[PDB]
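Drug bound: gentamicin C1. Macromolecule: Aminoglycoside 2'-N-acetyltransferase.
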Amino acid sequence: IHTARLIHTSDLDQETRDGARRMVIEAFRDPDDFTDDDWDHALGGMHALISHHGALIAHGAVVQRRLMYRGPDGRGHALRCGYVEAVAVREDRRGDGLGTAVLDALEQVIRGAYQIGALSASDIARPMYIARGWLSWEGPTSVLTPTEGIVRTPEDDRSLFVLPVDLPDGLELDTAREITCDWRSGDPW
Amino acid sequence: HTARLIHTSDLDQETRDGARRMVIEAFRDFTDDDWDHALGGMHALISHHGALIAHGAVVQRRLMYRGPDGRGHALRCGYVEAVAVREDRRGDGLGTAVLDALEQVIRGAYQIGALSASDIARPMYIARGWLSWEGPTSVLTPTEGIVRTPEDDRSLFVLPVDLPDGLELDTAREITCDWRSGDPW
Ligand SMILES: CC(C)(COP(=O)(O)OP(=O)(O)OC[C@H]1O[C@@H](n2cnc3c(N)ncnc32)[C@H](O)[C@@H]1OP(=O)(O)O)[C@@H](O)C(=O)NCCC(=O)NCCS
Ligand SMILES: CC(C)(COP(=O)(O)OP(=O)(O)OC[C@H]1O[C@@H](n2cnc3c(N)ncnc32)[C@H](O)[C@@H]1OP(=O)(O)O)[C@@H](O)C(=O)NCCC(=O)NCCS
Ligand SMILES: CN[C@@H]1[C@@H](O)[C@@H](O[C@@H]2[C@@H](O)[C@H](O[C@H]3O[C@H]([C@@H](C)NC)CC[C@H]3N)[C@@H](N)C[C@H]2N)OC[C@]1(C)O
C-alpha cells in the first residue's frame, strides 16, 4: 500500500524542489521533451510526493487555472480548475501503483478546492486516467491568447481529460463542445 | 500573532462557512464571486477559541506583462484576497500577521505577488516592499480582447519575488490580469 504526501510549493525546500524537478525530467526523457515551461507549469499549487531512502520516486502537482466553457445557451463560464502537471514515476519503480498513489492524492486536492480537474495526458498515462473515471474531452480545444482571440490548439485536441467535481448549480458539461484554457507560456495545455 | 496556512482543500466545511461569514461580516459589500475568488489557494487563519478572527488568502493567477521588445510574459502570480479581521480585534496587528504568512507563500511559490488596495493602505504596502503600479491595467476577456479595467479607488500592488529570465518590471507600462467573473482585480 502506497500513500503520497501532499505539500505546497511554498513548503518545498530547495533540495526537494531541485530533486523533484530533476526526477520528473528524467522520467519523461528517453535517451516530446519536459522543458522548464513544463516545470514552471507544475509550480504554485500542491505536490504529491513519494520518496525512498530520501530520493523522490513519484511526483505530481495540481495548480489552479481557469477553463472557459460556453453552453448551448451561449452563456460563458470561467471555471476554477485544478490542473494536473508533472506526474511521473521513476522508471525502475513503475508498474506497482505509485502512479495511482500520486493521482489519489491530487484528486483529493481537486475535489476539495476546485470546480473541475483537467489535464492533457501523455499516451502512456491515458489508461490510468480512464480507469479512474476521467472524461475524455471530445470537442475542439483552444487557448485564450492576449492578442489574437481564442485560438484553436489542434495539437491538444485528443489529449484532454476532465473530472467534474463541483460544477456550478445547473451547469451540464458537454464534452462534445469547445473548451478553452487561460493563457500561459509554453504549451497552453 | 502568528497565522497558520492551510490550503482550501484541507478546510472542513465549518471553517469554510465560518471564514466566508467572518469575511462577509468584516466587509460591512463582499459578493459571492468575491468569495469564489478566495478559493483554491492557501488560507491564512488566526483563530482564538474556535472563533476565526483574521483571515486572508493567496490564489494562483497569471498576470500578463509586455516588455520593450513586444515579447509577452505570463507571470505566475499569487493574488492576495479577502484579507479581513474581526471588527472588535482590529488595530492589534492581525491583518499584518495575515499579510506576513501570505507573503511567505508568495516568496516560496510564485514569480510575483499582487493585491488591490485602497490608497489608505498604500504606505504600509510600500513599507512592506510592494511596488505601486503606475501604468494602465486591463483584463484579458474571452469574447472581447484585452479590455481596459476602469480606475476605482483601489490601487494595484505587485511584489517582485522571482521574475523569470532576468526580466525587470517597468511599473509604468501595461499589466493585464487573467479573466474571472465578478471583479477581475
Ligand atoms: C504514467 C506513469 C506515471 C505511470 O506510473 P506507474 O507507477 O507505472 O503506474 P501504476 O503502476 O500506478 O499504474 C496505475 C494504473 O494505470 C493504469 N495503466 C497504466 N498503464 C496501463 C496499461 N498499459 N494498460 C492498462 N492500464 C494501465 C492501470 O489501470 C494501472 O492500474 P493497473 O496496473 O492495476 O491496471 C509512468 O509510466 C511515467 O512516469 N511515465 C512517464 C510519462 C509521464 O510522466 N506521463 C505523465 C502522465 S500525464
Ligand atoms: C484592513 C484590516 C484587515 C486590517 O486589520 P488590522 O487587524 O486592523 O490590521 P493591523 O492591526 O495589522 O493594522 C491595521 C491597519 O490600520 C492601522 N491602524 C489601526 N489602528 C491604528 C491606530 N490606532 N493608529 C495607527 N494606525 C492604526 C494599522 O497600522 C494598519 O494600517 P497602517 O499601519 O497603514 O496605519 C481590517 O481593517 C479589516 O478587516 N478591514 C475590513 C476588510 C478590508 O477592508 N480588507 C481589505 C484589506 S486590503
Ligand atoms: C494528440 N497528441 C497528443 C500529444 O500532443 C501529447 O499531448 C501533450 C501532452 O502530453 C502534454 O502534457 C504532458 O507532457 C508535458 C511535457 C513533458 N511535454 C511532453 C508535461 C505534462 C504532461 N501532462 C501537454 N502539455 C501538451 C500535449 N500536446 O501526448 C498525447 C497525445 C494524445 O499523443
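Chain IDs: alphabetical, in sequence-line order. So for chain A, numbering is the PDB entry's, and the shown residues are 15-45, 53-210, in order. Residue numbering for chain B follows the PDB entry, covering 16-43, 54-210 in order. In listed order, ligands and their atoms are each counted from 1. According to its header, this structure was worked out by X-ray crystallography, 2.2 Å. Side chains included, hydrogens not; waters and symmetry mates left out as well; all remaining heavy atoms used.
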>> Just curious, which ligands or chains go with gentamicin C1?
In response: ligand 3
>> Quick one: other chains with a heavy atom closer than 4.0 Å to gentamicin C1 (ligand 3), which letters?
In response: A
> Which domain, as defined by UniProt, of chain A contributes most of the residues in contact with gentamicin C1 (ligand 3)?
Replying inline: N-acetyltransferase
>> Mind pulling out the UniProt substrate-binding residues of chain A that sit under 4.0 Å from gentamicin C1 (ligand 3) by heavy-atom distance?
In response: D54(A), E106(A), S141(A), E176(A), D177(A)
>> So, regarding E106(A) and gentamicin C1 (ligand 3) (criterion: nitrogen or oxygen to nitrogen or oxygen, under 3.5 Å), is there a contact or not?
In response: no
>> Mind telling me which other ligands or ions are less than 4.0 Å from gentamicin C1 (ligand 3)?
In response: ligand 1 (coenzyme A)
> In the protein, what heavy atom is nearest to atom 5 (O) of gentamicin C1 (ligand 3), and what distance, to one decimal place, separates them?
Replying inline: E176(A) O, 3.2 Å
> What source organism does the PDB entry list for chain A?
Replying inline: Mycolicibacterium smegmatis (strain ATCC 700084 / mc(2)155)
> Where is the nearest protein heavy atom to atom 32 (C) of gentamicin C1 (ligand 3): which residue, which atom, and how far?
Replying inline: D144(A) OD1, 3.4 Å
>> Please list the nearest protein heavy atom to atom 29 (O) of gentamicin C1 (ligand 3) with its residue and the distance rounded to 0.1 Å.
In response: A142(A) O, 3.8 Å
> Quick one: which of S141(A), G207(A), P175(A) has a heavy atom closest to atom 12 (O) of gentamicin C1 (ligand 3)?
Replying inline: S141(A)
>> Quick test of your reading of the structure: of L140(A), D54(A), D177(A), whose heavy atom lies closest to atom 18 (N) of gentamicin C1 (ligand 3)?
In response: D54(A)
> Which residue supplies the protein heavy atom nearest to atom 16 (C) of gentamicin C1 (ligand 3), what is that atom called, and how far is it?
Replying inline: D59(A) OD2, 3.0 Å
>> Mind pulling out the residues near gentamicin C1 (ligand 3)? I'm using a 4.0 Å cut-off on non-hydrogen atoms.
In response: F42(A), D53(A), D54(A), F55(A), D59(A), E106(A), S141(A), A142(A), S143(A), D144(A), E176(A), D177(A), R179(A), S180(A), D208(A), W210(A)
